[PDB]
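Some notes on the structure that comes next.
Below, chains carry the letters A, B, ... as their sequence lines are ordered, and counting in each starts from 1. Numbering of ligands and ligand atoms starts at 1, following listing order. The entry is not shown in full; contacts are counted within the portion that is.
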Amino acid sequence: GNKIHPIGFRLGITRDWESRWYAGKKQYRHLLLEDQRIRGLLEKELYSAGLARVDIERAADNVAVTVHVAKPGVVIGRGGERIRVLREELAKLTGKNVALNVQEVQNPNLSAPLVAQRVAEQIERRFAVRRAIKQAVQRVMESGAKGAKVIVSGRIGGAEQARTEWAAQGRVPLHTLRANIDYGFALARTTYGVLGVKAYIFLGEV
Amino acid sequence: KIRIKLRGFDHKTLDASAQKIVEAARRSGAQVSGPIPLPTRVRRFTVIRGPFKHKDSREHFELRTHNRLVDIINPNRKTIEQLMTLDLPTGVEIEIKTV
Amino acid sequence: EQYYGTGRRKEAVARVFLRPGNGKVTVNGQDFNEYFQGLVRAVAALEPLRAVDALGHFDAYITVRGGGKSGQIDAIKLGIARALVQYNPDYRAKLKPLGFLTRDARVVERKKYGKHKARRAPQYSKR
Amino acid sequence: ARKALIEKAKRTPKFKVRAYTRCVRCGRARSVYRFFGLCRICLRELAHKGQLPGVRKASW
Amino acid sequence: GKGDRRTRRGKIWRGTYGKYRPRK
Amino acid sequence: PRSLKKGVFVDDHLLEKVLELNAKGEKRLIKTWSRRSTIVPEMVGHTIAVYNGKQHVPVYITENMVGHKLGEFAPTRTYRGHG
RNA sequence: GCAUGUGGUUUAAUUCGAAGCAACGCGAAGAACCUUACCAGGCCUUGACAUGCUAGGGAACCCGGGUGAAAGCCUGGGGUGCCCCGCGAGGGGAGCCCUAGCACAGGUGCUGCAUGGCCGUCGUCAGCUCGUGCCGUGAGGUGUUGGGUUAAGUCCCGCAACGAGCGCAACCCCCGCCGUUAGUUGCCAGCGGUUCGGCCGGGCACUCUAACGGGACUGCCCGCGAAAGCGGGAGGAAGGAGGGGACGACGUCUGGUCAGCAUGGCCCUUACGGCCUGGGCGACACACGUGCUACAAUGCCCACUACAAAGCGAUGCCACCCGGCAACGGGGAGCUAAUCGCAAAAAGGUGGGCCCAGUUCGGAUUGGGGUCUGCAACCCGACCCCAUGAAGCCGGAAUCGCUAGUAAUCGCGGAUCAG
Ligand SMILES: C[NH+](C)c1cc(NC(=O)CNC(C)(C)C)c(O)c2c1C[C@H]1C[C@H]3[C@H]([NH+](C)C)C(O)=C(C(N)=O)C(=O)[C@@]3(O)C(O)=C1C2=O
Ligand SMILES: [Mg+2]
Ligand SMILES: [Mg+2]
Ligand SMILES: [Mg+2]
Ligand SMILES: [Mg+2]
Ligand SMILES: [Mg+2]
Ligand SMILES: [Mg+2]
Ligand SMILES: [Mg+2]
Ligand SMILES: [Mg+2]
Ligand SMILES: [Mg+2]
Ligand SMILES: [Mg+2]
Ligand SMILES: [Mg+2]
Ligand SMILES: [Mg+2]
Ligand SMILES: [Mg+2]
Ligand SMILES: [Mg+2]
Ligand SMILES: [Mg+2]
Ligand SMILES: [Mg+2]
Ligand SMILES: [Mg+2]
Ligand SMILES: [Mg+2]
Ligand SMILES: [Mg+2]
Ligand SMILES: [Mg+2]
Ligand SMILES: [Mg+2]
Ligand SMILES: [Mg+2]
Ligand SMILES: [Mg+2]
Ligand SMILES: [Mg+2]
Ligand SMILES: [Mg+2]
Ligand SMILES: [Mg+2]
Ligand SMILES: [Zn+2]
């Protein structure tokens, strides 16, 4: 356990915070506590929609929950039917002005946490450990990314001896700040236990 | 006359936010003493990188309160509404003084 | 008439004013000694003046804030230093290879985590 | 976090002295910042996702 | 002293005030 | 020690068993779990059982054991030696 | 000597884990109950918690007594909203409430040697590798090696190699110089007034104040050298990366923790689960590991006297005023904080007292007196004043840190938190 999280490095250097407000000492404590309910319910449900990055910008007791997600019509339903069910179930938890939008994950391979998920799924899915990770990466320099890398990391394939694996390609340079890379932590669950997964993608130097 | 106090988190929006404001208090009928950089305040958090025993390895976070302050001399009724039709920055908190 | 210099050194800042006349020094109102008493680096601040022949040629109006009187005295000195190129942009020849035009870029390094005081670490027998 | 022991600190107590905080996110009250209602493990863990606004990574 | 309480610096060290460290 | 600007201290349930058996000129062994309280001169000559962890301990109350708290007469642990 | 961890003992329990450097002021950036997993007692059983199912009663809910160490239990009363049907009494329904039963909850029970993640470490060491080709029947080699150079696999030259990927390095921050936008709550060089206080008019010069840019490249010169580089200098605030930070490569120690959380599995589920008051992690024939103050004359002490940066504070910071030898109490002005406050910076300076003393050194451990926080200071607190004035006259073998604003020495601050 030697290295550092890539996102938490470029905190306003080549990335950005999800929750982007202000707050006082009185408010920040409670105000944030809220976001971690907003992002606990929102997640727990939206899973099989492929949810990515969850913005929560804030004005005077106006919450502004944007949502990037693989599949905008499993957030929606038919017509506008199921998005409403939630848009209030949040104002049910806040007690205020939930503006819960939707924004499609255009290219899905070119956004890490998704990439992480489908793999962690594929491991839950009892697939070919290696090939999962190979094709994982495969598609990433197939959609057109600068760099790719996936790190399967459990008791792998059902083995009693805990190991780890991976592969990659292209530029992976996390010591260049000015290189934008997205981290994806997933976390499969299989009969033998729990097998966290990682995925890093380079898009470009700026 | 009317004084504003911007307290936010970026150095970006907080400069942006206050320079949109600084244009529609010139066109709209007001001389103005410019955008004012103030005594920023730092709240830092030093923490044990490790779950358990490995104490003397530590991480460093700084939350930077950024204070801006612009003065409007000669505030018109051609003005005051031009700045409630300018409001648009997101992580900022604005406040409005007057003596 | 007044010639001024910008004097700065190690969290302390000093302001210098060079009028033609005596050799009295007011540093925050007080005389050069009623502010730099039994302290020896004191009279050293004037050095950048006496390598061109002019202690008694000019007066000294002074102001300082921050640091300790040494770190001020270094800045005071670095103030009379700069102050003389605004009078004679030819005095520059004399007081650079004599070294009096430089910010002592030296600075109280940061205290580090794990280390009692930055560099110093913790003692340990039974190694 | 013994579940019921988040709750012995949630509800208000017999006397006001017993008012010890805890983590909203995990229920370790051992090292908690009454400014995040969070501990040190959490605060990083999260800050490392940029999920706490203005929380930068420090250096000087 | 410094671990000494009834004195100049020994108060200052503890942080305290007493008959031996005034409030001016 | 205890502020004088705020007088002495005793628990109610405990003082209740004292000035009712005082007001009936009788004496019985009391069983209470407070130690946190200051014995007062209107308990002198009472048989009082105080608790340490597991045991109620025999503490008949005489004179000049006045302002001392209860817990001074009820050792909490056991130490005789190491071998 | 005291403070803090730790080994060993002791204990009703002194809850746990850490284990050569890389466990030992480390998990604890705050154990009086709380925290609290521990022990002794009084107890709770769909349970402090979730989404429910079935039978029967109940709106939710709110007030009081009794017994009690508290919990807990027995019990008095106030209350009877919402949805649908209806003229109506009133039945049906959702919620929630109780009693009985069942799903199940919950466990800081185990195994870090079944895992996740995150951390430590060899190590900021210059290393670790792949492609195509070349070479061996092959594992494999070559490349990456040799010579020169570099903080470096940094680079120059050579070579059957040519390049790339993860490292080095740069892009990010801090400090050093300076320019652009800026003049409040900061600033005062000139002029006006001045209750002599930047106090007011006026100004934003400079100091500061944060945002963006500029600048350093072996560029210049003599020398050394195939080159990369190197040595001395000129200019420059900075010179060969200027100082400092974040930044930890493929892998190892089956290193670390099921005690933040996450989870395979073994394990209890009227009991390890739950609530409670009290007791305990602080015990003490010892031993180590870390630090504080000392043993003093380059000093101790009492006055007067200067010069800081950083951070916190409207459930708080508390200028002054009075009382008290004092802690502090009472009264009370300002402050969403460059405007008010913690705030006394301390070593330094001026002046004087001590004159080699177990001492005006030293400040333990005790006797008594008080203040404060707090339901509550006996275990087991901090602070005030008085009296007590211990060991120790610089430390065995062994052993630790630091290469410059560093080492030493002196003060301020923040987090945690009523204290
Ligand atoms: C005693 N041996 C047989 C042992 C056993 C186990 N695990 C089991 O037996 C469990 N096996 C099951 C699956 C339950 C059947 C073990 O799990 C271990 C060990 C060895 C220890 C050694 C440890 C040691 N120090 C700290 C006590 C040490 O010096 C090191 C080291 N290399 O520095 C260790 O690795 C050590 O800490 C360690 O990890 C051990 C074990 O893990
Ligand atoms: Mg220092
Ligand atoms: Mg240490
Ligand atoms: Mg748990
Ligand atoms: Mg508490
Ligand atoms: Mg003394
Ligand atoms: Mg254990
Ligand atoms: Mg306890
Ligand atoms: Mg391990
Ligand atoms: Mg172990
Ligand atoms: Mg092990
Ligand atoms: Mg290096
Ligand atoms: Mg061949
Ligand atoms: Mg080559
Ligand atoms: Mg090699
Ligand atoms: Mg070779
Ligand atoms: Mg290279
Ligand atoms: Mg003004
Ligand atoms: Mg004047
Ligand atoms: Mg680097
Ligand atoms: Mg070991
Ligand atoms: Mg302990
Ligand atoms: Mg008085
Ligand atoms: Mg007071
Ligand atoms: Mg002597
Ligand atoms: Mg060195
Ligand atoms: Mg301190
Ligand atoms: Zn926590």
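- The name the PDB entry gives to the main binding partner of ligand 1 in this structure is 16S ribosomal RNA.
- By its PDB name, the drug at ligand 1 is tigecycline.
- Other chains in heavy-atom contact with tigecycline below 4.0 Å, by letter: G.
- Near tigecycline (under 4.0 Å), the structure shows the other ligands and ions ligand 11 (magnesium ion), ligand 21 (magnesium ion).
- Residues in other chains coming within 4.0 Å of tigecycline by heavy atoms are G:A19, G:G20, G:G112, G:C113, G:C253, G:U254, G:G255, G:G256.
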